[PDB]
Enquirer: 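Working on a deposited model featuring nirmatrelvir (bound form). Questions ahead.
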Amino acid sequence: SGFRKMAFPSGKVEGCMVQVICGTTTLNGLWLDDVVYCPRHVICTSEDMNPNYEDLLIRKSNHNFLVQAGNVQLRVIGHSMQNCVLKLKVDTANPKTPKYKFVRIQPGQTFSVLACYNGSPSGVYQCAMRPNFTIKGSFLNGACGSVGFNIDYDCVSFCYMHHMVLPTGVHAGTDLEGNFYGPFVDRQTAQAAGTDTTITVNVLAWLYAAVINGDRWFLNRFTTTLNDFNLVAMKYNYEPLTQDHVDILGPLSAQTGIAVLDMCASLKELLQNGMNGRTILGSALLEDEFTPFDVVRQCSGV
Amino acid sequence: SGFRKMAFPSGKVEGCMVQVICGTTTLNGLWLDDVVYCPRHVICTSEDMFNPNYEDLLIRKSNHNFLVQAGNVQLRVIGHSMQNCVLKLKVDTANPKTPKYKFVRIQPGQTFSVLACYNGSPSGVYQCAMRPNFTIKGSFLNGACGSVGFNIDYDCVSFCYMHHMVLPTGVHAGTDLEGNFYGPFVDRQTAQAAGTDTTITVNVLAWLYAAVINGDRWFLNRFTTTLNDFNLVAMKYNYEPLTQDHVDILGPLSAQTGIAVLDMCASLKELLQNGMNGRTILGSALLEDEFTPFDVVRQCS
Ligand SMILES: *C(=N)[C@H](C[C@@H]1CCNC1=O)NC(=O)[C@@H]1[C@@H]2[C@H](CN1C(=O)[C@@H](NC(=O)C(F)(F)F)C(C)(C)C)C2(C)C
Ligand SMILES: *C(=N)[C@H](C[C@@H]1CCNC1=O)NC(=O)[C@@H]1[C@@H]2[C@H](CN1C(=O)[C@@H](NC(=O)C(F)(F)F)C(C)(C)C)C2(C)C
Ligand SMILES: [Br-]
Ligand SMILES: [Br-]
Ligand SMILES: [Br-]
């Protein structure tokens, strides 16, 4: 009953967040086993932009880094730069390290963000990797080091670490190996995201969520082909729908008795006519940050 | 940068969630120190749907009818009492991860984070508002009862909600942690209806301030108005009346934007009487009312 933008429980990640201080710069780190992962621009100041990280790191020693888990100080015994993240080796292993893995998500996938400041968790919310490799998050100054994650069984899959905000108000970051999502660099210079698109497979998953919860006015008796659908979808800046996407919506087709191409034809008419002052799941816009798997998980058993 | 529906970190509450089994019925409980709190209808079955005599059913139940499971460790019940619609199960083991907490009764218009759980395992977290009709617009499946809503005020977890039922319109109802329902609802399967809901005016205003802080300012005009004149219009659109308390609580956001509260009221009045001009505010084509002034301040610090 009901459908909400839902984040994963953040407990397993809260126990890994620490404060990383280097000189006057403070951000968050991720403490897993005896390593703290954090954005490399912690070694910079307003002075340090060409943010030539190589030089800045060379002049640093281990005592220049203060890692704080709450009030307990963790001693740094090593420091290394892997792409855009800094790996600080510490003498103490995190006793709350969950079973984890580092994954690189694809555009269209969703994840939970634990927004932190000064190593202290502030809030949790759900995001999606946009097609242009940005995310529409909520981050303030000092938020860098906050991570995005999924919980798969008992395993925390870390997929995002926050680095910067672009002039359009969207956010950009890396995986836990320091590799940015999208064509961005961790330097304050003129950078742009690129035209974003609507995640079509997710809109369809959300329309299936609407049917499961009673909203079914947008359903029509028409059907269509994938190519005919994609021809219309291109015009409205929608991502093209693939046969993989059709198969992943199968569970929702099974739960509703509505064929995917029948839902595609219902989506086609909504795009060309609008909602006529009506709402879908209490929204006057089409929502695209629910994957089919999110919908299946949330509507399980209805 | 950006504005999202943001829940509190749920870690402190995840460590209090347990499974309560009574016969064939399984739901969630809240384990604080040596007491487990759960909805009393865990002692019922489909048979008891007609005249559910909880007093009777509970006395007919003993301690061995309750199986409490914290992960794999079973907690033995050594006492049980019924406070209104919640059951207090005395257990032999105290939760070593019990946070500093208090039980509070929230007011309509206030928000809280919900930790949705099933079989004692936390599944997801999201933010909710206590609607003016004392329902909440949540997402719960079978077995979700016992899930709790909470706020974190400094170092204290303030528990304010325990989930009990879904109403025919798809909205949800529950009690505070003292067993007293929010709204005119009872914990039995009988004909119940929520009642006409209204829009939380002070929250819409706080959300308009959040949009201005984040760059959205097309709805800003040079107009202003009075409290009474605004309320005369808002009443027509099924908006809750704005009080001077609400005007004072929007003060922090007026300070952050330099926009007087009554000027933002005049912007909302125009939005109500003219529409949103096919435009969006913070990515919404409707006015949002589930962000309190505190939620915005905390997120936009
Ligand atoms: C991490 N602590 C912050 C997070 C930012 C601050 C405001 N909200 C956020 O999401 N990240 C930064 O300050 C990074 C950091 C230097 C500059 N920077 C930026 O986000 C800047 N933006 C850009 O350079 C742009 F637009 F190109 F993306 C800033 C102008 C400060 C907003 C580094 C190393 C990239
Ligand atoms: C707790 N585990 C469930 C949660 C429900 C199930 C589906 N989604 C939810 O939020 N609560 C219940 O099953 C409660 C429980 C008996 C009946 N009930 C209901 O929610 C029923 N609704 C009503 O009686 C109504 F409409 F009046 F609110 C039901 C018909 C099963 C949906 C008790 C003791 C209230
Ligand atoms: Br939502
Ligand atoms: Br404008
Ligand atoms: Br007046």
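The order of the sequence lines fixes the chain letters, beginning with A. The PDB entry numbering applies to chain A: residues 1-49, 51-303, in that order. All chain B residue numbers match the PDB entry; in order, they span 1-301. Just follow the structure's listing: the first ligand is 1, and inside any ligand the first atom is 1. The figures here come from the full heavy-atom set of this structure, side chains too, leaving out hydrogens, waters and symmetry mates.
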Enquirer: So, nirmatrelvir (bound form) - where exactly in the structure, counting duplicates?
Expert: ligands 1 and 2
Enquirer: Give the name from UniProt for the chain that makes the most contacts with nirmatrelvir (bound form, ligand 2).
Expert: 3C-like proteinase nsp5
Enquirer: Write down the other chains that contact nirmatrelvir (bound form, ligand 2) with heavy atoms under 4.0 Å.
Expert: A, B
Enquirer: Can you check whether a protein heavy atom sits less than 4.0 angstrom from atom 13 (O) of nirmatrelvir (bound form, ligand 2)?
Expert: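 No, there is no protein heavy atom closer to it than 4.0 Å.
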Enquirer: Just to confirm my output: which protein heavy-atom neighbour is closest to atom 4 (C) of nirmatrelvir (bound form, ligand 2), and how far is it?
Expert: B/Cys145 SG, 3.4 Å
Enquirer: Suppose I only count heavy atoms of B/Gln192 and a 4.0 Å limit; which atoms of nirmatrelvir (bound form, ligand 2) are within that range?
Expert: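 Reading through nirmatrelvir (bound form, ligand 2) atom by atom, the close ones are 27 (F).
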Enquirer: Provide, to 0.1 Å, the distance between atom 8 (N) of nirmatrelvir (bound form, ligand 2) and the closest protein heavy atom, together with that atom's residue and name.
Expert: A/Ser1 OG, 2.9 Å
Enquirer: Can you tell which part of B/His172 has a heavy atom less than 4.0 Å from nirmatrelvir (bound form, ligand 2): side chain, backbone, both or neither?
Expert: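 For B/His172, only side-chain atoms sit under 4.0 Å from nirmatrelvir (bound form, ligand 2).
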Enquirer: Does B/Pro52 approach nirmatrelvir (bound form, ligand 2) within less than 4.0 angstrom via side chain, backbone, both or neither, non-hydrogen atoms only?
Expert: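 For B/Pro52, no heavy atom sits under 4.0 Å from nirmatrelvir (bound form, ligand 2).
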Enquirer: Under 4.0 Å, counting heavy atoms only: does B/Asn142 come that close to any atom of nirmatrelvir (bound form, ligand 2)?
Expert: yes
Enquirer: Would you check whether B/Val166 has a nitrogen or oxygen atom less than 3.5 angstrom from a nitrogen or oxygen atom of nirmatrelvir (bound form, ligand 2)?
Expert: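 Among all N and O atoms of B/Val166, at least one is under 3.5 Å from an N or O of nirmatrelvir (bound form, ligand 2).
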Enquirer: Tell me which UniProt domain of chain B holds most of the residues near nirmatrelvir (bound form, ligand 2).
Expert: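 UniProt calls that domain Peptidase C30.
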Enquirer: For atom 24 (O) of nirmatrelvir (bound form, ligand 2), what is the closest protein heavy atom, and at what distance to 0.1 Å?
Expert: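 Checking every protein heavy atom, the shortest distance to atom 24 (O) of nirmatrelvir (bound form, ligand 2) gives B/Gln189 CA, 3.2 Å.
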Enquirer: Can you find an N/O atom of B/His164 closer than 3.5 Å to an N/O atom of nirmatrelvir (bound form, ligand 2)?
Expert: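 Checking nirmatrelvir (bound form, ligand 2) against B/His164, an N or O pair does fall under 3.5 Å apart.
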Enquirer: Does nirmatrelvir (bound form, ligand 2) have any atom sitting under 4.0 Å from a heavy atom of B/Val186?
Expert: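 Checking nirmatrelvir (bound form, ligand 2) against B/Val186, which is what was asked, there is no heavy-atom contact under 4.0 Å.
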Enquirer: Taking UniProt's active-site residues in chain B, which lies closest to nirmatrelvir (bound form, ligand 2) and at what least non-hydrogen distance (to 1 Å)?
Expert: B/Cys145, 2 Å
Enquirer: Which residue and atom hold a covalent bond to nirmatrelvir (bound form, ligand 2), if the model includes one?
Expert: B/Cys145 SG
Enquirer: Would you indicate which of B/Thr190, B/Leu167, B/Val42, B/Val171 comes nearest to atom 27 (F) of nirmatrelvir (bound form, ligand 2) when only heavy atoms are counted?
Expert: B/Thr190
Enquirer: Within less than 4.0 angstrom of nirmatrelvir (bound form, ligand 2), does B/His163 place any heavy atom?
Expert: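 So B/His163 counts as touching nirmatrelvir (bound form, ligand 2).
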Enquirer: Give a yes/no on nirmatrelvir (bound form, ligand 2): does B/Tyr54 have at least one heavy atom closer than 4.0 angstrom to it?
Expert: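 In this structure, B/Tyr54 qualifies as a contact of nirmatrelvir (bound form, ligand 2) - some heavy atom is under 4.0 Å.
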Enquirer: Heavy-atom distances under 4.0 Å are what count here, so tell me which part of B/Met165 touches nirmatrelvir (bound form, ligand 2): side chain, backbone, both or neither.
Expert: both
Enquirer: Hey, which residues are hanging around nirmatrelvir (bound form, ligand 2) within 4.0 Å, heavy atoms only?
Expert: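 By heavy-atom distance, those residues are A/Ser1, B/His41, B/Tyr54, B/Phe140, B/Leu141, B/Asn142, B/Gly143, B/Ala144, B/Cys145, B/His163, B/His164, B/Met165, B/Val166, B/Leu167, B/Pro168, B/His172, B/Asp187, B/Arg188, B/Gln189, B/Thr190, B/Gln192.
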Enquirer: Just list the N/O pairs, nirmatrelvir (bound form, ligand 2) to protein, that are under 3.5 Å apart, with the distance for each.
Expert:
unit_1	atom_1	unit_2	atom_2	d
nirmatrelvir (bound form, ligand 2)	2 (N)	B/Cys145	N	3.1
nirmatrelvir (bound form, ligand 2)	8 (N)	A/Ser1	OG	2.9
nirmatrelvir (bound form, ligand 2)	8 (N)	B/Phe140	O	3.4
nirmatrelvir (bound form, ligand 2)	10 (O)	B/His163	NE2	2.8
nirmatrelvir (bound form, ligand 2)	11 (N)	B/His164	O	2.7
nirmatrelvir (bound form, ligand 2)	20 (O)	B/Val166	N	3.0
nirmatrelvir (bound form, ligand 2)	22 (N)	B/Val166	O	3.0

